[PDB]
Amino acid sequence: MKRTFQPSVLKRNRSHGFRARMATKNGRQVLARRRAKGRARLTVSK
Amino acid sequence: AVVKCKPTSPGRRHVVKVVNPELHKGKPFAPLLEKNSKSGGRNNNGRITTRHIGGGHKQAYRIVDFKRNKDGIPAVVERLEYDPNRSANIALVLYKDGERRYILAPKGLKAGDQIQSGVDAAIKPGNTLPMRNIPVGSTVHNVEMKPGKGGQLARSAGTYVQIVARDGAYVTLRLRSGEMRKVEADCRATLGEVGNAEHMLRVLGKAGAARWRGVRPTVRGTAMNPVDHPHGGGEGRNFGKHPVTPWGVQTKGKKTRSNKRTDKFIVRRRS
Amino acid sequence: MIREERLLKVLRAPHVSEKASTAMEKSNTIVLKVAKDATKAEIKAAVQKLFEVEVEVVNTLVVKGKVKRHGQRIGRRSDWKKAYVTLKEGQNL
RNA sequence: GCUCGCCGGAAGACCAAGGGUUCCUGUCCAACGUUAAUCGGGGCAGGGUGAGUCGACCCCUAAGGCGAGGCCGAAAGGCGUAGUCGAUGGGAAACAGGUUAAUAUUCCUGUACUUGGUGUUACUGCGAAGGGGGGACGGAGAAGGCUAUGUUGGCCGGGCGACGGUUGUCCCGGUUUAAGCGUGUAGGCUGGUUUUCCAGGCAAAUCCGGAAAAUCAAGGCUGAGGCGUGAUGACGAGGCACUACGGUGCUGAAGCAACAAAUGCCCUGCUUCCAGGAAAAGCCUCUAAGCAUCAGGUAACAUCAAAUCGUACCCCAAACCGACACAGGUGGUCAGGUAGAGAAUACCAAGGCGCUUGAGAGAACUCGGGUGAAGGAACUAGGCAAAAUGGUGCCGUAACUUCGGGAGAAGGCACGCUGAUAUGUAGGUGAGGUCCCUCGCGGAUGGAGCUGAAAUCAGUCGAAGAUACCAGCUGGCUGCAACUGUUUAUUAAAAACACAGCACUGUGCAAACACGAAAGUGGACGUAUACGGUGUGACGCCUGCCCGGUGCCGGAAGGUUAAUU
RNA sequence: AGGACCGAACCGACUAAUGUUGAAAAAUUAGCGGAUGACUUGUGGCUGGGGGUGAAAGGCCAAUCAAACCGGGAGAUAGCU
Ligand SMILES: NCC[C@H](O)C(=O)N[C@@H]1C[C@H](N)[C@@H](O[C@H]2O[C@H](CN)CC[C@H]2N)[C@H](O)[C@H]1O[C@H]1O[C@H](CO)[C@@H](O)[C@H](N)[C@H]1O
Ligand SMILES: NCC[C@H](O)C(=O)N[C@@H]1C[C@H](N)[C@@H](O[C@H]2O[C@H](CN)CC[C@H]2N)[C@H](O)[C@H]1O[C@H]1O[C@H](CO)[C@@H](O)[C@H](N)[C@H]1O
Ligand SMILES: [Mg+2]
Ligand SMILES: [Mg+2]
Ligand SMILES: [Mg+2]
Ligand SMILES: [Mg+2]
Ligand SMILES: [Mg+2]
Ligand SMILES: [Mg+2]
Ligand SMILES: [Mg+2]
Ligand SMILES: [Mg+2]
Ligand SMILES: [Mg+2]
Ligand SMILES: [Mg+2]
Ligand SMILES: [Mg+2]
Ligand SMILES: [Mg+2]
Ligand SMILES: [Mg+2]
Ligand SMILES: [Mg+2]
Ligand SMILES: [Mg+2]
Ligand SMILES: [Mg+2]
Ligand SMILES: [Mg+2]
Ligand SMILES: [Mg+2]
Ligand SMILES: [Mg+2]
Ligand SMILES: [Mg+2]
Ligand SMILES: [Mg+2]
Ligand SMILES: [Mg+2]
Ligand SMILES: [Mg+2]
Ligand SMILES: [Mg+2]
Ligand SMILES: [Mg+2]
Ligand SMILES: [Mg+2]
Ligand SMILES: [Mg+2]
Ligand SMILES: [Mg+2]
Ligand SMILES: [Mg+2]
Ligand SMILES: [Mg+2]
Ligand SMILES: [Mg+2]
Ligand SMILES: [Mg+2]
Ligand SMILES: [Mg+2]
Ligand SMILES: [Mg+2]
Ligand SMILES: [Mg+2]
Ligand SMILES: [Mg+2]
Ligand SMILES: [Mg+2]
Ligand SMILES: [Mg+2]
Ligand SMILES: [Mg+2]
Ligand SMILES: [Mg+2]
Ligand SMILES: [Mg+2]
Ligand SMILES: [Mg+2]
Ligand SMILES: [Mg+2]
Ligand SMILES: [Mg+2]
Ligand SMILES: [Mg+2]
Ligand SMILES: [Mg+2]
Ligand SMILES: [Mg+2]
Ligand SMILES: [Mg+2]
Ligand SMILES: [Mg+2]
Ligand SMILES: [Mg+2]
Ligand SMILES: [Mg+2]
Ligand SMILES: [Mg+2]
Ligand SMILES: [Mg+2]
Ligand SMILES: [Mg+2]
Ligand SMILES: [Mg+2]
Ligand SMILES: [Mg+2]
Ligand SMILES: [Mg+2]
Ligand SMILES: [Mg+2]
Ligand SMILES: [Mg+2]
Ligand SMILES: [Mg+2]
Ligand SMILES: [Mg+2]
Ligand SMILES: [Mg+2]
């Protein structure tokens, strides 16, 4: 039974990483929202 | 020749192949080769804009000479070669100065034949001349529409254009479609038809043979749902509609051409 | 030429363990905790200048710090660099 | 610790992905572990990952992304040129032995190789953002030559057996050695050398392409394996002694041949086919500007340098994805013996395990199996399930057919072991020896030794010889779909979809059409023997009548008719 | 030669039984189909919600699909319980 989550660090970083978020104007809005909320982890980068 | 395959399997029973013993059996001329990757019918937005395209064999692009601009220099047909990118075969030709090129092989062309281009060239197959210098009533191919742009008409296997008339700066041509068109008399054309007229006599015989050529299956609109096609729906086999394309335009007889820019060059439509 | 200030910052301490003792007693290799950003050239220069011994070769590894628990809270110890410095058969550091 | 059982193309070993300290040692047993726990992948503390050569980084690019200017768009933004990123692909170099509780192609020992910088010698036309070559490429099939590997023999060390025999044609074990360096073989490809000239290669070119002669008839490129050296070495049985009995010090004999043999190598080869099978750099070469008694290039030598990051451990799994120590899922590499076609199957090797509650009893009933008198589908919606068939060789085989099929039709016969033919045959391999030569990794003769079917005859045992595992049930009529394929992940695999074929239809290329406020893009680097839409659905014989309705196509006189005025 | 035949790996999923607070939110066991191709698989990429993709089942688009999920309009509205 293959499950929906198949980890891959390269794909993780390329889809949800810090630079991926900063590439677009809506990702920077995601980053601003998380900074305003006070998240201890901004992105999946680490 | 045209060969029928013996029915040793259901996929071989109905296969008819066109086999040319005179086609080159080695690799193509490397300097004249380019890469062309597949698209799947998808444009720069990533969407499918043409349907039923995808897969097939990997192919290299052979840079074929459609302009035929080396005027006055004779060339000898080094050989004939298979081109995966067109229904016609190509001919590798060598010029007297040591330049090799690819042209469309016309009917009757063979290794060792001599070809030339320009106003002073002889009226024989494979020779390129302005249609102002080609006699009227001649059968030409690879016809230019704009002087210097390169041949665009009658480029498929077995196709040709007939020079019907000539009126000042223009020549009327009968096209394979049955259309009469006006083209500047200064446009170029090659003499003779395009070889490989047996290309239309081949039968693929199986679905995999169509898949080898990059064609994907065609689902009929009647077999879809109303949300998928205007033809979809029904409890059983129902149609009750005027046939239409997947986007709602009538598809049996309704005319779609609209070009007032080039309407002036159409002497008569194909019918 | 690496400066003396850099050489003085490079080396952090000696490493004391059974493996380090065996290395010293069998191959003339001293094991040192060095700075994380210390290179083999910097370690060689620092050891020669400050320990007044001749060095044959330097091998380095980065040791990653362990995840530990203190009162049911989770912390991590820092990574550190370990250098195996081989001396020239008569130095006795 | 000794027995027993299980896996052994795995339930063994090594990795990538993913995880992240789960690794090793000491210590503890609260909680966790479906039970106890002294044990643990649990708690705590300490330790452990060593590289010029392995990988990343790095140079080069694919799909694709981003993209100075630019084009487009209410704004946000979209697209895209020059560029720049982007592996899953191309690009230099290390092997064997030893070693830790835990790392090793990284440490040690021995023996190597690569790239670059400097300095000294000599010889010298060097030079790119340009030219050429090369890198560089498919499927299938066939065979030869090899090797990894195995088997047997020889050799060496040990043994003489708890119960009849075992000094022998007896038993057990071992019989191993790398890269590198030298040679250049089976095989594959290609005619060499010189001269003259030239509308081609964004200009030049001595380079590539082309034209014309002369001359030599063997030159060159590639290439597994073998051989020598590496190696007077390392390893090596067991022995001579220790052990804190987990493990250690010293010695060390033989260390060969024949046969069989890969799916690995020659082989990016060869043959053939059509569906016609990446790119760029590294690399070789040619020059331009330029420099030109300098730079730069080539060879030799000496010296320096090769940074940084990963490296523990699990990795078909108790450590990854599944909430679990979960009968699920998960890419690559290795591939022993007997039997076997086999990577199936049975039993074993090396190696690893007995699956974290047990002990009893021996009710109904449930689950998974074995056997069954007489009957034999009478069961049931239905032969569901089960039972049955099953291998090889040979004989034999119907309607129908699109001539291929149907067909493994159906049906039947033989099958173990022993001896002989022949103390091992036909065939395969093939030493020494002999002889010759364009003397070598050579040719001819020869057959020793090894290996070794299948057949016939005779005998022989059992109820049974394809003895286990493994391994088609067969035939007749009929509907549907021509066929192989696809489909409702998780109640429907079908007669549904697709399909080759057929027809109608649009489209003359700035194509129709589709995605896009647009720019652009696909169609297509295609051009009517092409492309799009629609319907039908191999093939055979065919496809009748109706244009009144609805649509489409053509017409353009007349009637009506918008903005406009 | 072949969308050829028999049959492992590999891909699938026709039958039955078990299980159905399961070992498992789709499996196990015994049989079953394809197995050189319209095959299968790793790595990376692209297509985005009235949108995609679909050999077409309204199938699939993160255990969710006749219009995904997340946040907001929002305390929608509810002659109904
Ligand atoms: N010092 C030790 C003993 C000594 O060497 C010895 O006994 N040699 C015999 C010789 C005796 N002649 C051999 O017979 C065989 O070939 C004979 C043919 N020469 C025929 C019979 C056959 N059994 C016997 O096989 C052979 O056995 C030995 O060597 C064998 C070779 O590998 C090994 O397999 C075996 N393990 C080993 O005992
Ligand atoms: N493998 C067994 C499978 C099975 O038993 C089988 O199909 N058997 C066929 C039967 C089929 N009916 C037989 O025709 C033969 O007699 C026919 C009698 N009229 C005529 C044609 C002739 N070929 C066929 O010779 C025979 O082929 C078999 O035996 C051959 C010869 O040893 C083998 O080459 C072949 N590998 C093998 O299949
Ligand atoms: Mg998370
Ligand atoms: Mg189409
Ligand atoms: Mg069709
Ligand atoms: Mg259709
Ligand atoms: Mg459609
Ligand atoms: Mg339907
Ligand atoms: Mg509709
Ligand atoms: Mg009906
Ligand atoms: Mg070292
Ligand atoms: Mg390191
Ligand atoms: Mg024991
Ligand atoms: Mg821990
Ligand atoms: Mg442990
Ligand atoms: Mg407990
Ligand atoms: Mg622990
Ligand atoms: Mg800009
Ligand atoms: Mg862009
Ligand atoms: Mg780019
Ligand atoms: Mg780059
Ligand atoms: Mg890579
Ligand atoms: Mg280990
Ligand atoms: Mg061998
Ligand atoms: Mg194979
Ligand atoms: Mg390891
Ligand atoms: Mg358990
Ligand atoms: Mg498990
Ligand atoms: Mg698997
Ligand atoms: Mg097995
Ligand atoms: Mg248990
Ligand atoms: Mg019982
Ligand atoms: Mg019972
Ligand atoms: Mg009972
Ligand atoms: Mg029972
Ligand atoms: Mg029973
Ligand atoms: Mg029974
Ligand atoms: Mg009975
Ligand atoms: Mg009976
Ligand atoms: Mg009966
Ligand atoms: Mg009955
Ligand atoms: Mg009854
Ligand atoms: Mg049954
Ligand atoms: Mg009926
Ligand atoms: Mg069917
Ligand atoms: Mg039919
Ligand atoms: Mg029919
Ligand atoms: Mg499926
Ligand atoms: Mg279903
Ligand atoms: Mg367009
Ligand atoms: Mg047409
Ligand atoms: Mg269509
Ligand atoms: Mg139909
Ligand atoms: Mg009709
Ligand atoms: Mg097949
Ligand atoms: Mg079949
Ligand atoms: Mg099969
Ligand atoms: Mg089903
Ligand atoms: Mg099964
Ligand atoms: Mg429906
Ligand atoms: Mg789902
Ligand atoms: Mg809606
Ligand atoms: Mg409101
Ligand atoms: Mg409410």
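In what follows, chains carry the letters A, B, and so on, assigned in the order in which the sequence lines appear, proteins first and then strands, with residues in each chain numbered from 1. Counting starts at 1 for both ligands and their atoms, in listed order. Cropped entry; intra-crop contacts only. We use all heavy atoms of the structure for the numbers below, so side chains are in, but hydrogens, waters and symmetry mates are not.
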Item to complete: Give, per the PDB entry, the macromolecule that holds ligand 1 with the most contacts.
Response: 23S ribosomal RNA
Practice prompt. Return the drug name for ligand 1.
Written response: arbekacin
Discussion item. Can you tell me which other chains reach within 4.0 Å of arbekacin (ligand 1)? Heavy atoms only, strictly under.
Written reply: D
Worksheet item: Which residues from the surrounding chains have any heavy atom less than 4.0 Å away from arbekacin (ligand 1)?
Response: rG153(D), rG154(D), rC155(D), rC156(D), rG157(D), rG158(D), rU169(D), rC170(D), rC171(D), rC172(D)
Worksheet item: Considering only distances below 4.0 Å, what other ligands or ions surround arbekacin (ligand 1)?
Response: none
